[PDB]
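Drug lopinavir bound to macromolecule HIV-1 Protease.
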Number of protein chains: 2
Amino acid sequence: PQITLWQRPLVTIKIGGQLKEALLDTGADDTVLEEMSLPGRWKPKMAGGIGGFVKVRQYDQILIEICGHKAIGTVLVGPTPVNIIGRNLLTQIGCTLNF
Amino acid sequence: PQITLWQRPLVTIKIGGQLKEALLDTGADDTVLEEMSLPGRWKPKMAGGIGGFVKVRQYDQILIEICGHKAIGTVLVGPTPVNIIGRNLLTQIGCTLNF
Ligand SMILES: Cc1cccc(C)c1OCC(=O)N[C@@H](Cc1ccccc1)[C@@H](O)C[C@H](Cc1ccccc1)NC(=O)[C@H](C(C)C)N1CCCNC1=O
C-alpha cells in the first residue's frame, strides 16, 4: 500500500499470537513494543530516544506480521508510549520513502 | 526520490541560511532541530519521545528546504541528538511510505 503522512502511519501487526497497532517509523533503527507477553530468552538493553533512555528486553528472531507481510527479527520490549516498527523490519517488508 | 531503509533516511536541509542533515521521520508528528540560530519569536514547549521530555522553543511559519523541496511550518528547537523532519513537513514535500 501507499501511505500518506497526514495521519500517523499506524498498521495492524500480529506478534506472539496477539494483535497490536504499531507505528511505521523510518526514524527508528529498531522495533520497540509495549510491555507484552513474549516467549523465549532475552538480553537486557537500553533504547535511547528523545528525552533519554528506557530499559528494554531484547528478543532475537521474533516473527511479526505487519499489514500482512511476514518479517523475522529483533524486537525490543519495554515502557514505550507507542508501538514502533523500526527499519530492521521495514526493510524486510519492502518499505520505501517516496517524494 | 525513492529511499530504501537499509540506512538512516538522512537528507540535506537548508534552514535559516544554514545547511544541516536531518532524518526523514514518519514516526514524528513534529520537526525537531538541534540547538541552532533561528530568527523570530517563539513559545516554550515540551516534546515527548521514548525517554521522556525535552524543553524546546517553538517557531511557526519557518521555511525549510528538504532535498530541494520547499516547505513552511512549525520547527521545534532544542536538545535532540538527531535533527528530525516530522510529518508536518513531510506532507508538504509529498512524502509517502510504500510497501
Ligand atoms: C533511534 C532509535 C534507535 C534504536 C531503536 C529505536 C526504537 C529508535 O527510535 C526511538 C525514537 O524515539 N525515535 C524517534 C526519532 C529519534 C531518533 C533518534 C534520536 C531521537 C529521536 C521517533 O522516530 C519515534 C518517536 C515515537 C514517539 C515517542 C513518544 C511519543 C509519541 C511517539 N517519536 C518522537 O519522539 C516524536 C518527536 C521526534 C517529535 N514525537 C514526540 C512528540 C509526540 N509525537 C512525536 O511524533
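The alphabet sets the chain names here, A first, running in the order the sequence lines are given. What you see of chain A is 1-99, where the numbers are those given in the PDB entry. The residues of chain B that appear here are 1-99 by the PDB entry count, in order. All values below were derived from every heavy atom in this structure, side-chain atoms included, with hydrogens, water molecules and symmetry-related copies excluded. Each ligand, and each atom within it, is numbered from 1 in the order the structure gives.
Every other chain with a heavy atom under 4.0 Å from lopinavir is listed here: A, B. With a 4.0 Å cut-off on non-hydrogen atoms, A:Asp30 touches lopinavir through its backbone as well as its side chain. Proximity of A:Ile50 to lopinavir, defined as any heavy-atom pair under 4.0 Å, is shared by backbone and side chain alike. In the vicinity of A:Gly49, heavy-atom distances shorter than 4.0 Å reach the lopinavir atoms 12 (O), 20 (C).
Counting heavy atoms closer than 4.0 Å to lopinavir, residue B:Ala47 contributes nothing at all.
Within the 4.0 Å heavy-atom cutoff, B:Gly48 counts among the residues contacting lopinavir. For atom 10 (C) of lopinavir, the nearest protein heavy atom lies 4.0 Å away or farther. Taking every non-hydrogen atom of A:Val32 and a distance limit under 4.0 Å, the qualifying atoms of lopinavir come out as 7 (C). Atom 15 (C) of lopinavir has B:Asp25 OD2, 3.1 Å as its closest protein atom, hydrogens excluded (heavy atom only). Taking 4.0 Å as the cut-off, A:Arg8 counts as a neighbour of lopinavir on heavy-atom distance. The entry models no covalent bond from lopinavir to a chain. According to the PDB, the organism given as the origin of chain B is Human immunodeficiency virus type 1. Counting heavy atoms closer than 4.0 Å to lopinavir, residue A:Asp29 contributes atoms from both its backbone and its side chain. Among A:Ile85, B:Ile84, B:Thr31, B:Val82, the residue whose heavy atom sits closest to atom 16 (C) of lopinavir is B:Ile84. Taking a 4.0 Å cut-off on heavy atoms, B:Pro81 registers as neighbouring lopinavir.
With non-hydrogen distances under 4.0 Å, the site around lopinavir consists of A:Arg8, A:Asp25, A:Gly27, A:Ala28, A:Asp29, A:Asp30, A:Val32, A:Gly49, A:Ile50, A:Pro81, A:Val82, B:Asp25, B:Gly27, B:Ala28, B:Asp29, B:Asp30, B:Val32, B:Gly48, B:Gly49, B:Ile50, B:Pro81, B:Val82, B:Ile84.
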